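Below is Peptidyl-prolyl cis-trans isomerase FKBP1A with rapamycin bound.
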Amino acid sequence: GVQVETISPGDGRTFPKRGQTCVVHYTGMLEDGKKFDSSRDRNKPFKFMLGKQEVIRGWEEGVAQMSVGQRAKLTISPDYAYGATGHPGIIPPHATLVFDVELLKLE
Ligand SMILES: CO[C@H]1C[C@@H]2CC[C@@H](C)[C@@](O)(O2)C(=O)C(=O)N2CCCC[C@H]2C(=O)O[C@H]([C@H](C)C[C@@H]2CC[C@@H](O)[C@H](OC)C2)CC(=O)[C@H](C)/C=C(\C)[C@@H](O)[C@@H](OC)C(=O)[C@H](C)C[C@H](C)/C=C/C=C/C=C/1C
C-alpha cells in the first residue's frame, strides 16, 4: 500500500476532492537508494488532477488523505507504484518508492 508519515502538519481541514488539481512539491527516491527526481530542483511545482489516474496509485491514495499545507513522507510498495515492470530507464522491477510531498494548494 502507501504509508503516509507527517513531516509538517497541514490545516487538518482542507483535503483534495476527486477532480481537483493538487499543486505539490516532491522529491522521489528508491527505498534506501538513489534520489531520482525533485520538482524543487526545477523551481516549478507539479500539478495533477486527483482521481483521473494520471499518477501512480500510491499518489492517488496518499495525497487524498493530506490536507493543504501538509508535508509528508509517502512510502509506496511496488504494487502501488510501477510493479514488476518498473518504469523503463528509471525505476527497476519491484522497487519500493519513497516520496517527500508537500501539498501547496488546490485549484
Ligand atoms: C518529465 O517529468 C515527468 C514526470 C517524471 C516521469 C518519470 C518518473 C519516474 C518521475 O520522475 O516523474 C516521478 O518522480 C514519478 O514517479 N512521478 C511523478 C510525480 C507523480 C508520481 C509519479 C507518476 O505517477 O508519474 C507518471 C508516470 C511516469 C506515468 C503514469 C503512471 C500512472 C498511469 O495511470 C499513467 O497512465 C496513463 C502513466 C508521470 C506523471 O505524473 C505525468 C503528469 C502523467 C502522465 C505522463 C500520464 O498520466 C498522461 O497520460 C497520457 C497524462 O494524462 C498527462 C497528464 C498528459 C500531459 C500532456 C503529460 C504530462 C507529462 C508530464 C511528465 C512529467 C512531469
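Residues: numbered from 1 along the sequence shown. Scope of the values below: all heavy atoms of this structure, side chains included, with no hydrogens, waters or symmetry mates. Note that ligands are numbered from 1 as they come in the structure, with each ligand's atoms numbered from 1 the same way.
- Using a 4.0 Å heavy-atom cut-off, the binding site of rapamycin is formed by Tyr26, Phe36, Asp37, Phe46, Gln53, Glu54, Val55, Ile56, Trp59, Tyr82, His87, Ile90, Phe99.
- Per-atom contact check: atom 1 (C) of rapamycin does not touch the protein, criterion being a heavy-atom distance below 4.0 Å.
- In this PDB entry, no covalent tether of rapamycin is modeled.
- Taking any N or O of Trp59, backbone or side chain, none lies under 3.5 Å from an N or O belonging to rapamycin.
- When only interatomic distances are considered, the shortest N/O to N/O separation between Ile91 and rapamycin does not fall below 3.5 Å.
- Numbered from 1 in the order shown, with element, the atoms of rapamycin that lie under 4.0 Å from a heavy atom of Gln53 read 33 (C), 34 (O), 35 (C).
- Protein heavy atom nearest atom 24 (O) of rapamycin, with residue, atom name and distance: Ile56 N, 3.0 Å.
- For rapamycin, the UniProt domain of chain A with the most contacting residues is PPIase FKBP-type.
- Atom 28 (C) of rapamycin lies below 4.0 Å from at least one non-hydrogen atom of the protein.
- Within rapamycin, the atoms closer than 4.0 Å to a non-hydrogen atom of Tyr82 are 15 (C), 16 (O), 17 (N), 22 (C), 23 (C), 24 (O), 25 (O), 27 (C), 28 (C), numbered from 1 in the order shown.
- When distances from atom 49 (C) of rapamycin to the protein are checked, no heavy atom turns up under 4.0 Å.
- For rapamycin, the polar-atom distance check against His87 finds no nitrogen or oxygen pair separated by under 3.5 Å.
- Protein heavy atoms are absent from the 4.0 Å sphere centred on atom 58 (C) of rapamycin.
- Using a 4.0 Å cut-off to heavy atoms of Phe46, the atoms of rapamycin that qualify are 19 (C), 20 (C), 41 (O), 43 (C), 65 (C).
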